[PDB]
Each structure stands twice: as C-alpha cells, then as structure tokens.
Peer 1: 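I'm reviewing an experimental structure with topiramate and have questions.
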Amino acid sequence: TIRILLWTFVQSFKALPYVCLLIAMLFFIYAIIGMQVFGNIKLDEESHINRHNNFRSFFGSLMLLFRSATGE
Amino acid sequence: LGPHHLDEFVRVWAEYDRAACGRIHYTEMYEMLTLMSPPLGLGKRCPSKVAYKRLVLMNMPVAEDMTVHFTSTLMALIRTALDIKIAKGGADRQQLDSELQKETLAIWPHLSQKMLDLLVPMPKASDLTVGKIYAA
Amino acid sequence: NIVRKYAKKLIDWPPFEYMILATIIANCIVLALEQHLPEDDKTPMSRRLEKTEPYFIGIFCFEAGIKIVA
Amino acid sequence: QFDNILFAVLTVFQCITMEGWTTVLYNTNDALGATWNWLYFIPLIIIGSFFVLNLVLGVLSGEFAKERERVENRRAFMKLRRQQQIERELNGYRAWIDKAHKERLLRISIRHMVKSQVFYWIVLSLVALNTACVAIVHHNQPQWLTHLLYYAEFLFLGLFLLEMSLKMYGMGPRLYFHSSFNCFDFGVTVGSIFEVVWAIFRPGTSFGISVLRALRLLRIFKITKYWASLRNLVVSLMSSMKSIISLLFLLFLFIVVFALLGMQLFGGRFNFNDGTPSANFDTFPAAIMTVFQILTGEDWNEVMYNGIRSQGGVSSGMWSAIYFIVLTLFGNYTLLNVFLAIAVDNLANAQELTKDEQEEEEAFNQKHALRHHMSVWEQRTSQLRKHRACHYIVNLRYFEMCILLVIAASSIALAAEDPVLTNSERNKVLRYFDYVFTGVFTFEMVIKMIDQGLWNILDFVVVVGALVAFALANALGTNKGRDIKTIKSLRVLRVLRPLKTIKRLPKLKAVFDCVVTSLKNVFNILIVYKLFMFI
Amino acid sequence: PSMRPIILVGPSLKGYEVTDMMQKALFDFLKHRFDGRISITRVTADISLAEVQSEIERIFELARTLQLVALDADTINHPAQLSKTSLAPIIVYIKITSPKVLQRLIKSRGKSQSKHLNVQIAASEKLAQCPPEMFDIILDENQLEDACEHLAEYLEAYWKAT
Amino acid sequence: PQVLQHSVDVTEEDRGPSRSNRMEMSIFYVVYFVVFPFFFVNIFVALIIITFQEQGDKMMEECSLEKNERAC
Ligand SMILES: CC(C)CCC[C@@H](C)[C@H]1CC[C@H]2[C@@H]3CC=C4C[C@@H](OC(=O)CCC(=O)O)CC[C@]4(C)[C@H]3CC[C@]12C
Ligand SMILES: CC(C)CCC[C@@H](C)[C@H]1CC[C@H]2[C@@H]3CC=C4C[C@@H](OC(=O)CCC(=O)O)CC[C@]4(C)[C@H]3CC[C@]12C
Ligand SMILES: CC(C)CCC[C@@H](C)[C@H]1CC[C@H]2[C@@H]3CC=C4C[C@@H](OC(=O)CCC(=O)O)CC[C@]4(C)[C@H]3CC[C@]12C
Ligand SMILES: CC(C)CCC[C@@H](C)[C@H]1CC[C@H]2[C@@H]3CC=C4C[C@@H](OC(=O)CCC(=O)O)CC[C@]4(C)[C@H]3CC[C@]12C
Ligand SMILES: CC(C)CCC[C@@H](C)[C@H]1CC[C@H]2[C@@H]3CC=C4C[C@@H](OC(=O)CCC(=O)O)CC[C@]4(C)[C@H]3CC[C@]12C
Ligand SMILES: CC(C)CCC[C@@H](C)[C@H]1CC[C@H]2[C@@H]3CC=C4C[C@@H](OC(=O)CCC(=O)O)CC[C@]4(C)[C@H]3CC[C@]12C
Ligand SMILES: CC1(C)O[C@@H]2[C@@H](CO[C@@]3(COS(N)(=O)=O)OC(C)(C)O[C@@H]23)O1
Ligand SMILES: CCCCCCCCCCCCCCCC
Ligand SMILES: CCCCCCCCCCCCCCCC
Ligand SMILES: [Ca+2]
C-alpha cells in the first residue's frame, strides 16, 4: 500500500518532464539575476549574507534560492 | 472497478487453473467467481440464480475442450461488471460488440486481428457459448 | 444491581444538560484564569481559584453517579 | 545531533518540517566539509517535505471527491441547488412589481433615483475616494493632511449616513434589511459612528473600521461575467456556516486543550537565567499564542528547545520533545484537512451551482422559448455520481534546432560569470563569447524579421539590449555620469536568454501556457485576496 | 367577434395585489409599447352570469372597431369558469411553475395578505391542475422583458393574420 | 513570531516598546491567519485543483466511449 502510492505518484512524475523544467528554469533565471545583482556584497557574519548564504556563485545562489523557497 | 481489483484475476487464474490459454472448460469459471471479492461479479455469498442471471449476460465462444481464452474471460468480467457495450443477447450483443471493436481499433490500432479478434471474440448466435451451457 | 425503577433516566433531560453545559464553561474559564509561577509560588488569584475545584469535582461525580445509576 | 537513533529521527523530523534545516546543513558543512552534505539535506527536503505534501494533497483531494458523492451529501447539495432555483426565479418575478400629501409625492421619486444605475455608480465612485483617503495616512504625514483627512472622515461618514437614510426613510425601514450588502452597509455605518465616538473619548488607538467600505468595491463584479462564480461561492459559504463555525470551534477547543497541557508541562519553567522568552506557557493568552506558533509550525524549533532545557536538558528533559512533535504534526495536517475540506467543498458546490445556471438559462429557456470543457475533477465526480526569397530558406531542419543549442550554450555561459572579479580571465573569455552569442542572435533575428515583416518581442529586447551595451561600452565608457552601472544593468537583460527556449520547444510552451491559464483561473479570487489584504 | 377579446389570468384571484400588479404591469406594457392600437377596458361585472348582459354588446363594439381591446375582468380566474360564453377570448396563462416562490411572493407583499395565504394557495394549486390547452398562451418565464417579447410576438402574429 | 513580539510590545507614537504591553494586538494576528494563510490559500489550492484541464485531449472528443476507467 506504500508501494502502490510510490509507484503511482512517481510514474506521474515521469509523465511531466517539462513541468519540472519550468521550475528549474525559474531557479536558473533567478540564480543568474542574483549573481549579477547581489554577487559582490561583502560577506558579513553578522548579516544573512554569510559564508554559507551568498550570491557569490551559481551554486551558492542556487542554495540561497532553495533556502528561501523552503521558507527559511 | 479500476485495475486495482483487476490483477486479482491473474492470481486466481494462476493458482486455481494454470490454464495457459484454455484449460478451463467451464468448471474454473464457477471455480473462480464463486469465491473472490465482488467487484468482479459473483463472490462467495452469491452462488445462486443471481449468479445465473449474471452469467446469462456474459457470452463468449469456445475452444478445443469447450475451453476459453484468458483475455476473452478478462473482458467478459470487465464488461459484465462495468457494463461496457453489452446487450441482453442475440445479434444485438454482436452488433454492440461490433461497435466495441470499432472503438477498440479507434483507441488502439496496434492490436493485430489475432489479438484483436481475441479481445472481440465474436460470439455469433449459431456458435454456442460457455455461458449458454448451464443456463439452458 | 440491575434495579429497575430508575427515575434518574428522566433526570437526564432538557434542563440538567444545560446546567452541565454551564458548569463546563465555568470550569474552562477557571482553567483559563490560572497563572503558573516558577517554583511553588502562587498568585493570590490562583490560591483563590484552587478553592473551587471541589465544587466542579462534586458536580462531575454527580453526573457520573446519575448517568451510571440511570 | 545525530547521536542516538532517537536524536537522529528527531533532527530529521525537524528538517522535514523545514524549520531550521539550514542551520543543520551549515553545521555539518563546517564539521565535515561542504562537498557532500547537500546530497543529504536537499533530497531530505524534496522527498520528505515537498513530495509528502504532494501525497497528502492528492490523498485528501481524492477523499473529498469520493465524499462529496455520498448520498447524504448529494442530498444536502440538491437542497441548496433547489433553493437557489427558487430565489433565481423569485427575483425575476419580483421584477414584475413595476407599479407606476408627501406620503406618495416625494417617496415616489426617492425610490426611483436611489436605485438608478447612476446612483450605484455615484456611491461606488465615492467609496473609492473614501478608501483612497484612508490609505495615504502614514507616519509623519504632513500636518495639513492630518486636518484634511480629519474633516474627510466626518464628511464621508455623514454622506453615507445621508445616502443610507435615503434608502431607509426614503424606501422603508421594514423592507430595508433584505439585501446582504445593505445590512452590511448599515453595520459599517454604525461601526464608523462607534469609531468616531470612541476616538473622541479615548484618543490613541483608532483601529478605524471605515475602510471596510472597500468591500463594496466587490459589487463592481456585477458588471462582468464573473459575478456568478463569486455569488455562488458566497452563497455556498453562507449556507454552510453552522458547519464552518462549529469546526473553527473544534480547532479552538483543541488549541485550548493543548494550551492547558503546555501550561501544565511548562508553566513557569521558562524563567531562564537569560530571561523568560516571549513564547511562554505561563499565562493563558501567552500559552494560546505559542500553541498557535507550533501549529502554524513556524519556529516550533526554538520553543521545543526551550521546553527541553526547561525539563532538564539533553538529559532527563527530552521526553518533552513529544508535545512539540504531536502538535506540529497533528496541526500542520489537521489544519490543511480542515481548511481544505472547507474550501474544496464550498467551491465545488459553487462550481456545480454555476454549471446549473448556464445549463438552464442557456440551454432550457433558449430552447423552450423558441463534456464541453469539463475539468478533470468534474469528469471524475460525475463518473462517481453515475457509479525575402532567399531568407525563406532559413528552414533547414538545422536552424530551429541549431539555434536551440546556442541558446543552451549562452544560458550555461551566463552561469560561469564571476560576479565579483570583474576583469578576471573568465569574464574576458565570456565577453568574447558574448560577442559570439549576440552575433548569432542578431543574424537570426534579422532574417526572421525579413520573412515575417512587422514572444518575438523578447528576442527583440534581448538583442537590442546587447547591441546597446556593446556599442556604448566600446565607444567611450567614460564622460557620462556613472555609466559603468549602465552596462552592468543592460547586461542583466542577458538573463532572458533561457526564456527564449519557451517558444522554441512546443511542449515547454504548452506547460507555460498551462501555468498562465491556471493564473487566469485564479484571478477573480486573486483580486478578492488583494482587496482583503489591503483592508 | 371580429377579433378575439383579450383576457389574462393565472397568478391568483384578481383583486389580490399580487395578481393585480402582475396583470397591471403587463397591461401597462401593452399600453405604452403599443399606444395607438389597443384600448384597455375595465369590467366590474360577472360575465359568467351573462345590467349583466348589457356590457357584452359594448365588448363586441370595441372589438368591431379594428383595434385591440384587452379586458380587465375582475371575476374570472379559471379556464372552466368561462367555458360557456361565446366571447372566445385569447387566454394568456400567467403561470408559476413552482409553488414555493408563490407563497414567498405572497408573504413578500407587506403583511395584510398573509391573512389570505392559505386560501390563495388553493386557487393557485387548482389552477395548476387546470387543462393546459384551455390557455392560448402560457406566461411563466421569470423576466418581464422576455414575457413581454413573447406577448409581442404572438399578438403581432395575430395582427398580421388580420 | 518576531512581528507579533513587536506588535504586542507597543505603546504610543514615537515611544519605545514595553514588553508584553498591549497583548490584545495578538487578535489582529490570529484573525489574519484564519483568513489569509489558512482560508484564501486553500481557496487557491482548491480552485486550481477543481478547474484543472486534462493536458492533451484532442483525440476525437477524448475517446468518446472509452474513458479513463474504461480505457485504462
Ligand atoms: C522499529 C520501528 C520504530 C519502525 C520500523 C520501520 C517501520 C516504519 C516499518 C517497518 C515495517 C513496515 C510495515 C510492514 C508492513 C506493513 C503492512 C502493509 O499494509 C498493507 O499494505 C495492507 C494489506 C493490503 O492491502 O495488501 C503496509 C504498511 C506496513 C504496516 C509497513 C509500514 C512501515 C513499517 C511499519
Ligand atoms: C525511500 C522511498 C521513497 C524510495 C523507495 C523506492 C520506490 C520509489 C520504488 C523502488 C522499487 C519500486 C517497486 C519496483 C517494482 C514494482 C512492481 C510494479 O508492480 C506493478 O506494476 C503492479 C502490480 C502488478 O500488476 O503486478 C510496480 C510496483 C513496484 C512494487 C515498485 C513500487 C515503487 C518502488 C518500491
Ligand atoms: C521537484 C524537483 C524534482 C524539480 C526540479 C529541481 C528544482 C526544485 C531545483 C530547485 C532547487 C535546486 C537545488 C538547489 C540547491 C542545490 C545545491 C547545489 O550545491 C552545489 O552545487 C554545491 C554545494 C553547495 O550548495 O554549497 C547543487 C544544486 C542543487 C542540488 C539544486 C538542484 C536543483 C533544484 C532541486
Ligand atoms: C487607490 C488606492 C486603493 C491606492 C492609492 C495608493 C496610495 C494608498 C499609496 C500610493 C503610493 C503611497 C505612498 C508612497 C510613499 C510615501 C512616502 C512615505 O512618507 C514619507 O516620505 C515620510 C516623511 C513625510 O511624510 O514627508 C510614506 C507615505 C507615502 C506618501 C505613501 C502613502 C500611500 C501611497 C500614496
Ligand atoms: C558543463 C558544460 C559541458 C555544459 C555545456 C556548455 C559548454 C559547451 C561550454 C559553453 C561555454 C563554456 C565555458 C566558456 C569559458 C570558459 C573559461 C575557460 O577558462 C577558464 O576558466 C580557465 C581557468 C583556469 O585555468 O583555472 C574554462 C572553461 C569555461 C568555463 C567554459 C566551460 C564550458 C562551457 C560552459
Ligand atoms: C475584511 C474582512 C476580512 C473582515 C474581517 C476583518 C476585521 C473583522 C478584523 C481585522 C483585524 C481585526 C482587529 C485587529 C485587532 C484588534 C485590536 C484589539 O484591541 C483594540 O484595538 C481594542 C482595545 C484597545 O486597544 O484599546 C481589538 C480587536 C481588533 C480591533 C480586531 C477586530 C477584528 C478585526 C477588525
Ligand atoms: C469531504 C468534505 C469536503 O469535508 C466534510 C465533508 C462534509 O462537509 C464538510 C465540509 O465543511 S463545510 N462546513 O464547508 O460543509 O463539512 C463538514 C460537516 C465539516 O464536514 C465537511 O465534505
Ligand atoms: C452576494 C455577495 C456577492 C459577493 C461578490 C464577491 C465575493 C468574493 C468572495 C468572498 C469570499 C469571502 C471570504 C472571507 C474570508 C473568510
Ligand atoms: C483564538 C482567539 C484567542 C486569542 C488569544 C490571544 C489574545 C488574547 C487577548 C486578551 C489578552 C489579555 C491579556 C491579559 C494580560 C496577560
Ligand atoms: Ca521557517
């Protein structure tokens, strides 16, 4: 009964390969905008642009945006 | 019915019959339907004339040992439960079956007339069924 | 202990269910008014209220009594 | 920490509720190295927190479809649809009342004018001034505004008094409370009188219930075709109100029970040497408003840490991580099954109510006075209830598919810019790539405009921005006020290069259009949302 | 008669303001929209008793002037009540296809006629059992504009036919 | 929670806070939640669920006689 749910709901993820390409494209667009605009803020451990949370790199900005999406 | 009930048919087939395209005659029918849960029909508590009047709605041709096919019976249960293009008998049910065959080709063209004829077994009025045996 | 002639089942009725409904509201208000102080300390009002718990306990054991005998 | 299994199934439960999962990710990045940890905490959030919301929404929506069709529910819905039929024909019949010293001499022209289509619009264009007057107040508003708006509250209040009495003394108090917003306007008027008096006798707090008149702007919907979709929603809400109130009341009882339980466990134990936190459990109004946090589930983390160090620490005290788990689970999920049942029920009702207007006024009378885009939910529930010459050789099978590769390479080259090191090696290499990419894009935009004349506006904007930035950076770069930022900002337009794929890929375009049509579906409610949020 | 006389009926007993206002609204439409071809006349006598028969000649002579004459009769609310006379009127049935809206309309009109609800309901219900063919035109559709259009259509067809 | 903390600790215009003063301004923050995060957001989820059209259906009126449960 767990397996039937998992199969059923993963199949329908395999039938929407473009619905989760629009979300990847949203994340990409906003990560690039972030790198351009907030990429050179000086990191300050007192603020929330830390060594952990910064727009300094593509993957750092991707992590920042995922952190925000998950409401953090 | 969705396919959720429909795979129980494979289990009861493999265990109670092991037919491999035939090897049922008719005993397996009421050896099948008279026990398993009733989204497919009879069930345990209904081995009566209610079962009789269900079977008289299912009609389908015969084979070497008075046997029948796997998927022919599959569609038999499916349509007798969901009411998918079935009449009360006669050439009426065969013309409804012609409608059904047209619909099946309309959905699936990839079905060869071997398999397609298997899915539309074409029980003509002259050809007696495994349904109209214990009924009459 | 199956003694018939209850006469208590007719007390389970229109008015004594609308008084229990009010004792429960009063009790919830009393539980709302309470304040919890850190280490065995008690406000004056909480000491004042701790002298109503027997009333509510009395009414509720009375409800158990009448429902059980009826 | 992940020490026991019980400390790990609690840290991971915290991360799945998405509260403070990045602090855990950052701790393990520091303690082990930041290369592999993202593989544990991203799929823990994607699988455990998003995918499980998807499962829960799906399961509940299936249950709501299967429960709307039970006999005892179809019955209570037909009882609503019939009464809507009664009122719908009854109002039409009440239109037949068209009858044509001062008891009849002036009180004949009042009720005439005070229902004319110019009167509704005067009132609705003056309430829209009222709600623009009380929306410009701010802090330190210039001293003339304070007095101007001071006169304005009285002016508008008196004016609404007049144009309310003209409906009451001019049309009749007995038959006055027979229109819902007429009762509402009377209520808002009396409330504004309350507010005036209470401001007079207690200057200070002025919570000002006169912006509520902005609700009348919803009457504007009457002039559109979206009126039925919304009046039916309000009808289905107002019918099922003894069962929405008796259900918010059960949410309130269980919040009260959990507030009292938290007072028992943690009452007065929160007086730490730092100072008692604001998320207390000492008194009742402060226990209610921390059980509310834990339900809305936001920073239940910190409350649990306080409630653990309250009863000990990571020590005899961790048995009380079980009040904050049984209240952040059975709260984040019983409050989406309550508020989704309410909103799916009362909105499938208003969708089937409005499907039986167009199925009568547009299919019964229009015949007897002489599927079809049915959604997935509607299909399923009905099934349940039943039980120039040269350039045209642009097309080469390798032009609309070879530009797609350039779009992909340009998008990827966007990712590799160093934001900080303005003049490093990479940024120069990518600037040369920028020349290449704008060259390709213009050499294809021009030929397309040749074959097409005069989604493409996106291509145009990007190429124009690229050309302008290149021109005015190559030309001088100086002698214009602070125009390094000008090139830096017209290079943000480059980020639109990925967007160009949407029109190219016929299925990405289809998913994008599905998103847009969903946005248009929720747009008569997005505006009601914006209006309430403004209030 | 040269042209069939006009009588409308169906809500309830004429003399109760519900039926009064309904018939008056449609008659006033007939006037204002067709002002210059039709004349409305008022009858306070019992035509089922045909002073009683002195008015039928007047009815004939208005009908003999090649202009439509609608009757504001004040006693007839049945199709069977006028199954004997030779007038042969065009009968319009102002129907209400559901009772509950009727009783809500009745209580809706102030209070006094709420002292007549029970008995008016009997007449309306019995009208619902009267034969349909006994009526030339059915008027039940909720709106005034559409019912007025329906009457305009039928009577313009009548006027073109003669 | 921090905005609620600021909103209760509130005294008068151009005066600083006082802890847990005006504790009734928390009513504004529950009537808010009952309306926007709980009620309208679930109104939106329900409108998007109820009115969701099948993605690709232009095959002779969506298999006019054999549909989802019949067809599959
Ligand atoms: C050691 C404790 C603390 C937890 C151990 C892990 C559990 C989360 C796992 C272990 C065994 C699992 C169970 C093994 C078998 C079943 C029966 C199964 O039920 C059915 O499918 C119903 C029968 C049917 O309709 O076919 C699925 C759930 C459940 C309880 C599984 C749910 C997940 C369980 C409880
Ligand atoms: C930690 C969790 C989230 C990941 C576990 C993996 C699941 C996403 C996958 C892995 C293997 C899958 C199984 C692989 C094969 C099958 C057989 C297959 O059976 C059928 O098609 C239905 C039954 C039948 O008709 O025979 C689909 C279900 C099942 C059990 C799958 C169910 C989903 C499973 C458990
Ligand atoms: C529902 C899913 C399947 C849709 C498609 C995926 C997207 C939801 C995106 C948005 C958030 C993205 C993630 C955001 C954060 C990261 C961390 C990032 O980390 C690193 O490359 C280095 C380490 C570090 O982050 O510091 C790698 C990409 C990844 C996994 C991203 C992968 C793609 C994700 C999951
Ligand atoms: C038609 C209705 C629904 C909306 C009308 C819009 C106004 C309600 C908004 C539009 C822009 C807003 C303004 C944007 C900026 C400012 C400046 C700012 O005030 C100051 O600069 C503080 C010092 C000073 O008052 O001089 C805050 C108030 C104000 C006028 C805002 C007040 C509210 C305004 C006028
Ligand atoms: C991950 C890739 C395979 C996706 C598809 C895109 C690639 C075909 C190209 C397009 C632009 C290329 C980039 C263009 C310029 C550069 C700068 C070039 O020079 C340096 O950065 C060297 C620095 C050093 O020596 O450390 C290194 C490769 C890189 C990042 C290229 C990496 C490969 C990219 C992304
Ligand atoms: C537009 C729709 C959603 C109607 C629902 C909105 C109102 C009915 C709500 C919005 C916020 C609520 C207010 C927010 C907070 C307060 C402050 C609270 O304290 C006071 O201001 C009174 C005592 C004082 O501070 O002196 C009294 C209730 C009140 C006005 C609430 C009463 C109900 C209000 C006006
Ligand atoms: C399955 C679904 C959608 O949720 C159930 C059940 C019956 O109706 C509910 C819906 O809440 S409400 N008050 O809008 O009618 O009302 C109650 C009686 C609360 O139960 C609701 O329908
Ligand atoms: C007869 C009333 C017509 C109203 C037209 C606009 C209605 C818009 C939807 C109202 C939803 C109210 C929800 C309030 C928060 C619980
Ligand atoms: C769900 C409705 C109840 C909300 C409870 C929080 C607000 C409490 C308002 C009254 C506060 C009185 C404070 C007295 C001193 C602590
Ligand atoms: Ca958070």
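Reminder, nothing fancy here: chain letters follow the sequence lines and each chain counts from 1. No hydrogens, no waters, no symmetry mates; every other heavy atom, side chains included, goes into these values. Cropped entry; intra-crop contacts only. Start at 1 and go down the list; that is how both ligands and their atoms are numbered.
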Peer 1: By ligand number or chain letter, where is each copy of topiramate?
Peer 2: ligand 7
Peer 1: Name the macromolecule with the most heavy-atom contacts to topiramate in this structure, as UniProt names it.
Peer 2: Voltage-dependent R-type calcium channel subunit alpha-1E
Peer 1: Which other chains sit close to topiramate, with any heavy atom less than 4.0 Å away?
Peer 2: D
Peer 1: Which residues count as the binding site of topiramate under a heavy-atom cut-off of 4.0 Å?
Peer 2: D:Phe64, D:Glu67, D:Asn73, D:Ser240, D:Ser243, D:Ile244, D:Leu247, D:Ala341, D:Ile342, D:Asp345, D:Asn346
Peer 1: I'm curious, which organism is chain D from according to the PDB?
Peer 2: Homo sapiens
